[PDB]
K.L.:
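Please see the structure below; I have some questions.
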Amino acid sequence: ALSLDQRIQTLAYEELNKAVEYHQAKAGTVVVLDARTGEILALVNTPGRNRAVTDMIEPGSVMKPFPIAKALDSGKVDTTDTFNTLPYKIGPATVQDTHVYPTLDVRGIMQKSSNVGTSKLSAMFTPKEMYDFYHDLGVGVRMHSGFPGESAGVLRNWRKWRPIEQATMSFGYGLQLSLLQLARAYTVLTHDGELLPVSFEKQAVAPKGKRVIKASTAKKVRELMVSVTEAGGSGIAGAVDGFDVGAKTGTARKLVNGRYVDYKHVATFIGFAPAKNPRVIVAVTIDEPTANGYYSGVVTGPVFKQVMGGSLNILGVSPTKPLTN
Ligand SMILES: CC1(C)S[C@H]([C@@H](C=O)NC(=O)[C@H](NC(=O)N2CCNC2=O)c2ccccc2)N[C@H]1C(=O)O
C-alpha cells in the first residue's frame, strides 16, 4: 500500500543523522520523490514533528531555477543571453551576489547562484505573472498529501507587493515552502513541465499534472542545472559518480524578529538524476549547523550525494557514464 521504500528510507535516516551530528545542527529533513509519479519514496526528520510537511522555510537559492524557467518558457530569454549582475538598488535596499561578476549569461546565473541575475530575469514580468507562476508551482497551496499538519506555505498577494519583494522572491525570500512543497515543485522540471500531486500510497492510475512550462523548457533547465554539480558550480560536493546530476544549492540566513542574522543559517540541497531523464528527486535541508561549515555545498551536498547515489543503485538504475573510482 505504502510507496515508501524501506531501503531508501533507512539510507536517508542514517545519512541525515550522520550529517546533523557531524555539523552539530539543530534539526533536518530528507525527502525523496519519484520524479515522474510524485510518489514519496522516502521522508525522514530528526526526532520531533514531521518538519518536512509541517515546517515552512524561505527557499533561498533553490527557488532560482523557477524564474529562470519562466524567462525561457516565455520566449523573452535565451539560454545564451547575458545580463548585468552588478549590485543595484531598489529604493533604499540593495540586491547583490556574494561574489561579484559584472555580467553572467543564464548558465553563469545558475552555476554561481546570482541573486542579481535571477532578479533581472524576474523583472521582465508583471507582479501578477510572477505570482500566478509561483501559485501554479504550489507555493502557498495545500497539497492534500494525506499528512496532518500540512503547511500551505506563504505567498503574499501581488496587489500588496512593494517593488523589492518581486525581486527578493525571485531568489527565494519573502515567501515560504515546506520541504515537501519544494520537492514537489521540482516535478515541473522532472515531469516535462507538469506539476505532479504527491502521495504516500502506491498509485493505481497515472496521476495528472497541470502544465506550467513546455517540455522543451524543462529539458533546457535540467541541462543548465548540470553545471551546478560540475567544476565552477556551487554544488560540486553533490556530484554522483556515474551520472550527471541537475541540482541547486541554497544557503539562507534566518529571521529573528524580522531581521536577517549572520550567525544562523539554513542549508538546502535539491537535485535529480539522471539529469537528462530523471527517475528520482532528492531534497535535503539542515537547520542551524554549528560545526564543520555552514554552506549548502559542504553541509548538505555529501548527504545528497549518498542518498542519490544509493537510491539510483537500489532502484536498479545503471550509471550512464563510467566510474572514476
Ligand atoms: C553561498 C551561496 C553560493 S550564495 C546563494 C544564495 C542562495 O541560497 N544565498 C544567499 O544569497 C544568502 N542570502 C540571504 O540569506 N539573504 C536573506 C535576505 N537577503 C539575502 O540575500 C547568503 C547566505 C550566506 C552568506 C551570504 C548570503 N547560494 C548559496 C549556496 O549555494 O549555499
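In what follows, residues are counted from 1 in the order of the sequence shown. Note that these values count all heavy atoms, side chains included, but never hydrogens, waters or copies made by symmetry. Ligands are counted one by one from 1 in listed order, and the atoms in each one are counted from 1 as well.
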K.L.:
Write down the drug found at ligand 1.
P.N.:
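It is the drug azlocillin (bound form).
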K.L.:
Per the PDB entry, what macromolecule holds azlocillin (bound form, ligand 1) with the most contacts in this model?
P.N.:
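It sits in most contact with Probable peptidoglycan D,D-transpeptidase PenA.
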K.L.:
Where's the contact between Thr251 and azlocillin (bound form, ligand 1), heavy-atom distance under 4.0 Å: side chain, backbone, both or neither?
P.N.:
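Under 4.0 Å from azlocillin (bound form, ligand 1), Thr251 contributes backbone and side-chain atoms.
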K.L.:
Any nitrogen or oxygen of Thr249, side chain or backbone, less than 3.5 Å from one on azlocillin (bound form, ligand 1)?
P.N.:
yes
K.L.:
Suppose we measure from atom 1 (C) of azlocillin (bound form, ligand 1) to each protein heavy atom; which comes out shortest, and what is that distance?
P.N.:
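Heavy-atom neighbour on the protein nearest atom 1 (C) of azlocillin (bound form, ligand 1): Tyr295 CZ, 3.3 Å.
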K.L.:
Below 4.0 Å from azlocillin (bound form, ligand 1): does a non-hydrogen atom of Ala252 turn up there or not?
P.N.:
yes
K.L.:
Hey, is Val62 touching azlocillin (bound form, ligand 1) through its side chain, its backbone, both or neither, going by heavy atoms under 4.0 Å?
P.N.:
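It is neither; nothing of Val62 touches azlocillin (bound form, ligand 1).
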K.L.:
Are any of the N/O atoms on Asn115, whether in the backbone or the side chain, positioned under 3.5 angstrom from an N/O atom of azlocillin (bound form, ligand 1)?
P.N.:
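Yes; the residue has a nitrogen or oxygen that sits under 3.5 Å from a nitrogen or oxygen of the ligand.
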K.L.:
Looking only at N/O atoms, are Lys64 and azlocillin (bound form, ligand 1) under 3.5 Å apart anywhere?
P.N.:
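N/O-N/O distance below 3.5 Å does not exist for this pair.
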K.L.:
Answer yes or no: does an N/O atom from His265 fall short of 3.5 Å to an N/O atom of azlocillin (bound form, ligand 1)?
P.N.:
no
K.L.:
Tell me the protein heavy atom at minimum distance from atom 13 (N) of azlocillin (bound form, ligand 1), and give that distance in Å.
P.N.:
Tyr173 OH, 3.2 Å
K.L.:
Which option out of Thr300, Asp97, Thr98 puts a heavy atom nearest to atom 25 (C) of azlocillin (bound form, ligand 1)?
P.N.:
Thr98
K.L.:
Would you say atom 10 (C) of azlocillin (bound form, ligand 1) touches the protein, meaning some protein heavy atom is under 4.0 Å from it?
P.N.:
yes
K.L.:
Which other-chain residues have at least one non-hydrogen atom less than 4.0 Å from azlocillin (bound form, ligand 1)?
P.N.:
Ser61, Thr98, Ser113, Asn115, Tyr173, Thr249, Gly250, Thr251, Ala252, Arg253, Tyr260, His265, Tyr295, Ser296
